[PDB]
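For reference, positions follow the sequence shown, starting with 1. Both counts, for ligands and for their atoms, begin at 1 and track the order of listing. Side-chain atoms are counted along with the backbone in the values below, which use heavy atoms only and exclude waters and symmetry mates.
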Amino acid sequence: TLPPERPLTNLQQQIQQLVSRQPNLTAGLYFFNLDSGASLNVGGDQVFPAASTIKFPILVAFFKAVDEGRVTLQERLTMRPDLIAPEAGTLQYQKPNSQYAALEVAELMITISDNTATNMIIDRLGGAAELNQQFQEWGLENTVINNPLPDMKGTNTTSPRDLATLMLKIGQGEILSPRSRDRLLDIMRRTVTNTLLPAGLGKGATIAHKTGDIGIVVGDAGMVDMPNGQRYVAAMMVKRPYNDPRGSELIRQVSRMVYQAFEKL
Ligand SMILES: *C(=O)[C@@H](NC(=O)Cc1ccccc1)[C@@H]1N[C@@H](C(=O)O)C(C)(C)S1
């Protein structure tokens with residue numbers, strides 16, 4: 001049974017003052033404590049370019065198909081010329097029309113944010129329209145795939161609240177089977193990009209999450225277990241001038257602020 005949302009007004013005001021004083025940054029964030037109900041929403045409902053954070057919803061859709069016998073973990077996926085994308089990933093250096101186990105592809109999509117792997121999954125699951133429908137079914141309202149990855153131009157959309165609320169659902173054991181849930185959380189704890197939200201956590205805390213960076217937007221979303229027994233979900237997105245370190249630093253500062261507040265409470 002999940003407590004009622006209970007906004008920490010004072011922490012929320014502090015965070016609001018911190019984001020608003022940064023010229024040329026536009027930030028949105030949502031945190032929810034599963035034990036206390038403590039919430040923070042500073043622009044958490046606003047729509048952002050998703051960047052790679054969209055790979056987290058695609059992962060859930062993947063495992064949904066597995067659960068429903070529509071995809072198998074071991075079946076061979078083809079890296080067709082038309083699925084090959086630049087930027088992050090290792091699959092792009094392999095021979096065109098070589099093949100990979102579906103689970104290997106799904107893992108690469110998340111752990112190293114492989115854009116080729118991602119377009120292979122989007123294709124395997126029936127395309128952008130099909131996935132968009134699924135996202136709406138889960139209550140994601142502004143989570144929308146418009147173009148293939150890496151989508152440098154920022155056309156694919158989501159919201160901090162969408163990303164956190166899906167993770168809350170998964171955390172509480174909704175949508176996916178037990179086995180698929182536990183696989184997804186394992187995968188999400190082995191990403192190589194841990195410089196945003198995890199950088200604000202204290203010693204011994206763990207986090208399942210997924211980052212995104214297209215230069216003009218940086219973000220991160222997932223779920224934190226604190227050594228005191230507490231759990232919360234977290235999502236933050238920042239619009240910035242191209243590669244501005246201040247955008248990434250802001251995410252660390254807000255992560256730190258929230259983590260420390262929950263230790264006190
Ligand atoms: C998703 O946003 C992806 N971004 C890109 O491919 C563009 C890019 C930007 C900077 C360096 C390399 C590639 C992938 N996800 C982000 C992320 O998870 O933060 C990466 C930087 C890993 S690439």
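Drug at ligand 1: benzylpenicillin (bound form). What binds benzylpenicillin (bound form, ligand 1) most in this entry is, by the naming of the PDB entry, TLL2115 protein.
Binding site of benzylpenicillin (bound form, ligand 1), heavy atoms within 4.0 Å: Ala51, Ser52, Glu87, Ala88, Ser113, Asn115, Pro150, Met152, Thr193, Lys210, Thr211, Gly212, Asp213. The contact set between benzylpenicillin (bound form, ligand 1) and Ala88, taken as ligand atoms under 4.0 Å from a residue heavy atom, comprises 6 (O), 23 (S). The protein reaches atom 9 (C) of benzylpenicillin (bound form, ligand 1) closely, with a heavy atom under 4.0 angstrom from it.
Looking at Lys210 next to benzylpenicillin (bound form, ligand 1), an N or O pair under 3.5 Å apart turns up. Counting only heavy atoms, the protein gets under 4.0 Å from atom 17 (C) of benzylpenicillin (bound form, ligand 1). Close contacts between benzylpenicillin (bound form, ligand 1) and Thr193 involve ligand atoms 19 (O), 22 (C) [criterion: under 4.0 Å to a heavy atom]. Lab note: covalent bond from benzylpenicillin (bound form, ligand 1) to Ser52 OG.
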